[PDB]
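This entry carries echinomycin.
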Amino acid sequence: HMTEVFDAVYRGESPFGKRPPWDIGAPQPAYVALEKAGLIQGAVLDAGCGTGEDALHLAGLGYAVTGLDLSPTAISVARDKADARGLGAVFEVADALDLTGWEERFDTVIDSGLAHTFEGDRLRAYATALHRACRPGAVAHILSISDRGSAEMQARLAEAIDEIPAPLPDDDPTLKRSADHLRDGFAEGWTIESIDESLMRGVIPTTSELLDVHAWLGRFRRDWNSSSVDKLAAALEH
Amino acid sequence: XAXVXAXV
Ligand SMILES: Nc1ncnc2c1ncn2[C@@H]1O[C@H](CSCC[C@H](N)C(=O)O)[C@@H](O)[C@H]1O
Ligand SMILES: *C(=O)c1cnc2ccccc2n1
Ligand SMILES: *C(=O)c1cnc2ccccc2n1
Ligand code: NA
Ligand code: NA
């Protein structure tokens, strides 16, 4: 169901035309900064990688990166970019709510704008899928648009695109994107290291203007619940 | 909008 919508967007058949507002033709500044800060290690997963710009940036710095996405069209595009640039990032189709076959593969996760599509129990299914796909003690980074950021993006997109509506007034449930919904998502199997104020770069299809809007940058520590860990502990105990 | 529904 959701595969088709995004695939259509990447084919260029949506109101966005050639440029979906998240497909900025560069890595997200927050992830460039996170890399320079030294907080990316080991085998990296870019979950919901889209057309691969974040993953490709990391590939160019020597990281072993895998980009996963539900849209085969996005992955086709990312693979073409990898070929043209001569970088060896792994791009494959996968449902981030499932991730069967990727068990305990990753040491770090990055997420630019996948988590913020999930709400309620779907965000927890994503958290769990990430937990299954991560090595014990892995770190997941999640860049999520805030209500403040979405209100700005919505107004700017609404002015630019006929099909998109202007945002509502007033502050005040399921459509909300506070720090709390993200905290609630990554509960079982995770520990919140930090939630920070950050930015998310987007592009306006009309002018190709780039804007940065407010976003939350979460950092979550995957626990050490693993049979491999249990076995180490048994070896030392016995 | 972009991208909560997801994402037009
Ligand atoms: N269940 C799911 N599993 C994996 N990817 C999904 C998904 N639902 C949506 N997506 C993908 O999530 C992406 C959100 S847009 C963000 C794309 C990329 N992170 C970037 O920053 O440019 C889309 O590419 C969409 O195809
Ligand atoms: C985004 O502006 C927006 C507004 N209304 C929607 C209704 C149904 C699906 C997606 C939507 N996105
Ligand atoms: C998606 O279902 C949806 C519906 N209405 C919106 C209004 C404003 C911003 C985003 C929205 N997304
Ligand atoms: Na254009
Ligand atoms: Na409009």
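So that the names make sense, note that chain A is the first sequence line, chain B the second, and so on, each numbered from 1. Modified residues keep only their parent identity, or become X, and their further atoms are not part of any contact count. When reading the values below, keep in mind they use all heavy atoms of this one structure, side chains included, and skip hydrogens, waters and symmetry mates.
Echinomycin, all copies counted: located at chain B. In this complex, the main macromolecule engaging echinomycin (chain B), as named in the PDB entry, is Putative SAM-dependent methyltransferase. The PDB header gives the source organism of chain A as Streptomyces lasaliensis. For chain B, the entry uses the name Echinomycin.
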